[PDB]
Amino acid sequence: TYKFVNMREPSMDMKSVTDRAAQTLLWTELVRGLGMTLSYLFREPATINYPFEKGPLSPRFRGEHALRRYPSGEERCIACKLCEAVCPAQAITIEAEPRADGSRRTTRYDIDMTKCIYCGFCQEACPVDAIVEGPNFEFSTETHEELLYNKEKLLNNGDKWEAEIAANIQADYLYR
Amino acid sequence: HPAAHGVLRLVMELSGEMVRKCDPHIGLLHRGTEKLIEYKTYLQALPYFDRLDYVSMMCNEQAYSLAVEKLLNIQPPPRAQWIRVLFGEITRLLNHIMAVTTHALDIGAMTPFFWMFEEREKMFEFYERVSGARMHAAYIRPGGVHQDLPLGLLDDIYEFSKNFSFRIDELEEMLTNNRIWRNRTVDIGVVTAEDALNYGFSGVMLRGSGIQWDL
Amino acid sequence: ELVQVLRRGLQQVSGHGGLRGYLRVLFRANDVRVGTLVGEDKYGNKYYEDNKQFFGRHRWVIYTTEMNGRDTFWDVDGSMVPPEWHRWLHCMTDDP
Amino acid sequence: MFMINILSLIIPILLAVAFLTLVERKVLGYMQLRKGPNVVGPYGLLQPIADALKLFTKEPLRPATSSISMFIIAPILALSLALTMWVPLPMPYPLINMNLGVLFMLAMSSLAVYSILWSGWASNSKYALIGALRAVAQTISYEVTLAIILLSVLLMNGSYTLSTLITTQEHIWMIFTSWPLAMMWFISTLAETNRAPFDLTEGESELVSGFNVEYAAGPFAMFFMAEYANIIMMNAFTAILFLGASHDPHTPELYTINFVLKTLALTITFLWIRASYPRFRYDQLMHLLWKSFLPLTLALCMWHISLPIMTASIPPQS
Amino acid sequence: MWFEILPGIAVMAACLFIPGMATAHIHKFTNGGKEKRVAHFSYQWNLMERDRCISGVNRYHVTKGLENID
Amino acid sequence: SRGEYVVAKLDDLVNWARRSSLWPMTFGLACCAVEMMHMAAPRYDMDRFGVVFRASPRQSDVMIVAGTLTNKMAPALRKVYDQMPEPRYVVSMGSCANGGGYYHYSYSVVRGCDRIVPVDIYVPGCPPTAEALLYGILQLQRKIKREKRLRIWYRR
Amino acid sequence: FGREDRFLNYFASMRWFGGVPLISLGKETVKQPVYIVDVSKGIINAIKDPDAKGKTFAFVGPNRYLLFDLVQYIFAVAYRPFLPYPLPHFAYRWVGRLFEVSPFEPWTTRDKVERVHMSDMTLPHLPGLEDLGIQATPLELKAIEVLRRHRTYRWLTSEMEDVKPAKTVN
Amino acid sequence: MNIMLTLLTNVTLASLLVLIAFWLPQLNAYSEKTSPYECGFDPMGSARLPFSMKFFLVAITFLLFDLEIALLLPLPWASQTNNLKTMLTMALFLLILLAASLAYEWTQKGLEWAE
Ligand SMILES: COC1=C(OC)C(=O)C(C/C=C(\C)CC/C=C(/C)CC/C=C(\C)CC/C=C(\C)CC/C=C(\C)CC/C=C(\C)CC/C=C(\C)CC/C=C(\C)CC/C=C(\C)CCC=C(C)C)=C(C)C1=O
Ligand SMILES: CCCCCCCCCCCCCCCCCC(=O)OC[C@H](COP(=O)([O-])OCC[N+](C)(C)C)OC(=O)CCCCCCCCCCCCCCCCC
Ligand SMILES: CCCCCCCCCCCCCCCCC[C@@H](O)O[C@H](CO[C@H](O)CCCCCCCCCCCCCCC)COP(=O)(O)OCC[N+](C)(C)C
Ligand SMILES: CCCCCCCC/C=C/CCCCCCCC(=O)OC[C@H](COP(=O)(O)OCCN)OC(=O)CCCCCCC/C=C/CCCCCCCC
Ligand SMILES: CCCCCCCCCCCCCCCCCC(=O)OC[C@H](COP(=O)(O)OCCN)OC(=O)CCCCCCCCCCCCCCCCC
Ligand SMILES: CN(C)C(=N)NC(=N)N
Ligand code: SF4
Ligand code: SF4
Ligand code: SF4
């Protein structure tokens, strides 16, 4: 079905003609627009008091990255390179070798945050929940090099945000 | 230029202020998306479609997903289909708000821009609740949708839809019957139905010219 | 009544600990609202909630004047909150 | 003491211009559901000071293709005439009492036209030239209509003295007497001051900042000051001409308070209109005045010539 | 809220009060506490010049009367 | 010293004006520009902080490079940056402006606007949220607050 | 000499002070300026040459000019009216002393005046750009880069070949 | 005298503002900074080329109507005369001729901009 947005004709009776002439000479619809803006003036503003107030977020929010640990302190990442394989932008560089104790662990884990598109495929592809996208989004730097995270930086982010990251994963892990 | 949307170079010949010819120079935002898609896989190419029409993002994702599922010979489940349609309509609301408000801003009116962009902010919150990304969700994928809705999303969407017709009415109070808006827009850019069909216009262009067509 | 609004303003003036406290909260926070004290972290930041305000403005933080070793009397960042209060303020949970 | 009076007329006008900038920001914000500047100072009161210091400590440049002489003269002329228009206004006592105080303001406005023309032509850029020509057309239309409207309204008064305007409006208001001319005069002052919906010389949507596209730092600030001073001066002229205030010779402060309140009301109406309406096209503006206002203006001029004669209500010459 | 606009309008009004009040005070100060004489015509100007001459101090606002004629 | 005190106070006054009056150029390239609009929107009103868009480069202090910079567009970006009078600052917003972004290995994309213009602040994200961009603007303001031009000149 | 130099800009900025003051009318001064890109390339090649470890080089241009002819050519390329006049050395020294009271960067100083008046030495024994592998760029090829900024709108678009090269002294 | 002093004060203040603006801040000018503005690209032509004026006739009509308003301005003093009927007839005659000029131009399409 369909409807005509503009196919109405005005009546030509004297009362309607006089009303249209009054609208032409006396700017009725212009005063109407003025009244609408005055109403909005007296309404309550919709501005938050940043940075003392923050907009709502969800447990699914994708922000700054982090590498997690097991509750015993061991790193979760096992150098499986699934995140490196699935990364759309090829932002992850991983190099690994057997550790001293024989574990499969990474020696290099780089994420170029200027190449990352913050899509969250890496945390979907991780089989051990090692790499996650934390809730942090205020991590702007003053130089380009500071956005080239390495394994030490990501582990520090994980250790710093572990409580909030664990809470978000607990909240949203039943939908995954 | 404020009216050139950032990446349009319009080389114009003017006799006085009358426009003698327009020569749109595009490609200032050509990135090579198709070549890169050729180099990616089918799941890795989804955000590329997310970033094509960055005002109808879930619509782009839905188009790509429909194409891939047609090639794969699979069918998304009914709940996934209903979520796709719901978020496609939410995306249509976002896009039409952007279009109307930016058009009115290029004309000279800005209060509707601010109001309807507050509404856009609320819809962005819906996007972020389902997907974690405020605009480039990458939520609709070949085979259905990535994740299920959280347990309050439908109620909040109902509240938003309940309180939105009033926003559209306030938008219309400033533009629909305003004689300045009518003078600026009436009999500007008239295109005939045959011209639209031959030139390849689709959607609102055809419908405004009067062709009864909708996919 | 305008008298009620003026009395609420006077209570807000007296609610921050005198005129000096009102001036301090006005100059370094641009807000003079009064809310219930949800809690305070180890760094000195205070967190308040007011459910009567519309969503987004129902929770706020007054930052400390000195964090770690930097004087933050006027230079207040959005990253000065610990992760738990960060989650609470950004409303990923309703539990402080 | 006359230099002291000149300073007392100049400096408060500039201060009011800066705080009109702030007020317009905040009013537009609250009509657009925002807060406007409230961070720089208490309720954002230091925002104009910050803007002025930033502008006058920023580097100003002369374009390579510009005519430097007329590039510099234009902001000087604009600000000088903006400050000069205030000298015959009675609040309730004019600084300079002129027998023909209205024609002086008309002539100075017509001269204030040329600042934007010369700045646009001197800049030697296509956007500046387009803005200058838009100014030419706008001044054509509003100038003829303004002349006739002022003629009729002052014909209801008897002379061209603003103090005589106060005396005329002792009892009732010229708005009550002649509201149609008041509406057309308000529209004409919008066009004259280049405010929305007639902000065509500096139309950001079509032209990138219009005639002052090449102006930066201090010379840009002078154009902004001149425009806002013109806004306030035209609103004050409208308030004196149509909304007459009671004058007490022994306590003149009451007239000053009433005049200031009415001027602020009209300026806020200007900001309100800017927030509420779209922008005209300049051909549509030219066709608006000539094809709508000019016929009514001529008819009302005939009516206001005849009305004192047929009602035996001719005002005294002095 | 909308009353956060009032301080700016208050400052603008305070600035606009200064010119008129200053002009009135200066007119009364330089004219012996009385209004500045309005001379729009040659008759009024001649009256002012006569007042200057008869004052004996070269100031038109120094008014003389019956005590001066006799 | 008296001269040191005077120059410290003067350049605190000058830095305050520049910090509190920021005028970004009306210049957005891609999807990152929509988040600039949402920062201008009522929710995160940038006009509160003295941040006001100006169309002309002659009247702008900050260039927010928000979007993909292509080879066909880099000359225009450099031209408008040069036409901005000093002091001027650059905020690269989003992955495309920061590095390459999704289009790093592309024949038609400049790998970072810092190859073209000197960038002062880098805001990560695709796109950065409006709060993230606002944090970047505040960080730029705090960076301006540390500038000591008169203090350097006095000891020069 | 280059876009940001003192030399060509110093001679081309004397438009503002009426005429061009020259000591002995600049007929007793011989100068051979060198190009900035040539100097930088020579510095780079000095690093990469292992046989320049403990040496001394003399970077000079290919042509030597009198000061009068050099300034006349500068004003010809800038398309400004050239009005030279002789100024005695003591008067120029006092003028330079006047300009060096500025707390900011002075426009000219007494030492700058002396260096401008002094002729460039000839050091044929020391190596140079040709020895470091760089062919010196003549002033007539790169002067218009520096001096196009000083022209007016009437003469901005004038080409490089419109001005006959200055008279050299070789 | 007073008006001359006022004009001198205004012009001197504006000139002082310009002088402060052009001398207080640090200057750093080069060819790219001072080039003309055309949205980031070099202009094809020149800004001094002829710019067609589609309302050339309305400008001349504006000249004539400016004369008409100059004639009409002394009306407030002419209304104090004893020949009120002659004054009224002449004022209405001038206004009717102005209206006739406008009507003739409007019907002959002199107010339509050139295409
Ligand atoms: C690139 O894609 C895009 C984006 O990105 C991706 C976007 O985001 C958006 C979203 C943006 C918008 C919707 C709006 C943006 C567009 C605009 C055109 C901006 C709109 C803003 C407004 C309409 C309102 C904002 C206000 C503005 C613009 C005005 C600017 C302010 C100034 C110029 C102020 C400067 C002037 C001043 C300060 C006055 C001068 C100072 C004085 C007169 C003070 C002097 C006083 C004295 C000298 C007196 C001193 C003496 C005293 C006190 C006493 C001394 C006495 C003695 C006796 C000594 C869009 C649309 C977009 O398309
Ligand atoms: C033409 C106008 C004349 C009347 C002026 C009325 C008062 C004007 C008030 C407004 C002033 C505006 C500037 C404010 C201050 C900031 C700028 C500043 O410091 O500029 C100073 C300028 C600064 O030079 P600058 O060009 O480097 O300016 C850059 C300034 N900063 C770094 C702050 C951006 O000083 C000079 O130009 C001169 C410095 C000393 C050198 C003296 C040279 C000799 C000629 C002058 C001295 C007298 C000679 C007498 C004998 C002559 C015969 C031999
Ligand atoms: C316009 C006409 C020309 C006027 C010429 C100048 C006249 C005086 C101008 C008025 C000066 C106002 C200074 C305002 C002080 C800043 C207010 C205070 O908030 O700043 C603090 C201190 O500011 C700086 O430390 C110094 C500011 C200036 C201090 C005084 C400088 C010298 C003023 C006196 C000399 C003026 C006359 C000499 C020149 C003519 C730091 O706070 P800030 O981080 O930012 O705020 C962030 C916002 N938060 C808090 C919500 C996050
Ligand atoms: C002093 C304070 C006054 C304040 C007034 C504020 C009013 C509200 C302000 C908001 C308006 C500002 C933005 C609007 C600008 C544009 C408005 C506008 O378009 O008006 C023009 C309008 C629109 O024309 P079109 O629609 O294009 O039709 C043309 C057909 N060919 O037309 C007009 O001319 C209206 C102008 C008002 C005419 C006056 C009414 C005439 C009534 C006459 C009756 C009285 C006769 C007197 C004789 C009495 C006999 C006893
Ligand atoms: C009670 C008695 C009075 C007490 C107060 C007295 C002073 C009041 C203010 C007078 C005006 C300023 C006076 C000069 C201040 C010092 C300026 C200076 O010398 O700056 C030099 C320096 C240039 O940099 P430089 O180190 O030379 O490096 C070369 C470039 N590579 O650095 C710079 O150039 C920095 C760039 C800005 C310089 C100009 C701004 C200086 C501060 C001005 C504040 C007032 C502004 C008023 C504006 C007009 C009114 C609105
Ligand atoms: C950059 N984009 C997408 C815009 N719509 N831009 C704009 N200035 N309206
Ligand atoms: S969020 Fe996406 S683009 Fe970023 S590192 Fe993970 S997989 Fe790569
Ligand atoms: S997907 Fe997880 S376990 Fe595998 S390499 Fe990446 S972070 Fe390590
Ligand atoms: S960084 Fe992401 S959101 Fe920003 S322009 Fe690039 S693709 Fe768009």
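Letters A, B, ... mirror the listed sequences (proteins, then strands); counts begin at 1. First listed ligand is number 1; within each ligand, the first listed atom is number 1. Partial entry shown, contacts counted within.
- The molecule at ligand 6, chosen from metformin, iobenguane, tavaborole, salicylic acid, iniparib, is metformin.
- Per the PDB entry, the macromolecule in most contact with metformin is NADH dehydrogenase [ubiquinone] iron-sulfur protein 2, mitochondrial.
- With heavy atoms closer than 4.0 Å, the chains neighbouring metformin read B, F.
- With the cut-off at 4.0 Å and only heavy atoms counted, the binding site of metformin comes to B:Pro2, B:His5, B:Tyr54, B:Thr102, F:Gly28, F:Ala33, F:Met37.
- Checking the PDB entry, one finds chain F called NADH dehydrogenase [ubiquinone] iron-sulfur protein 7, mitochondrial.
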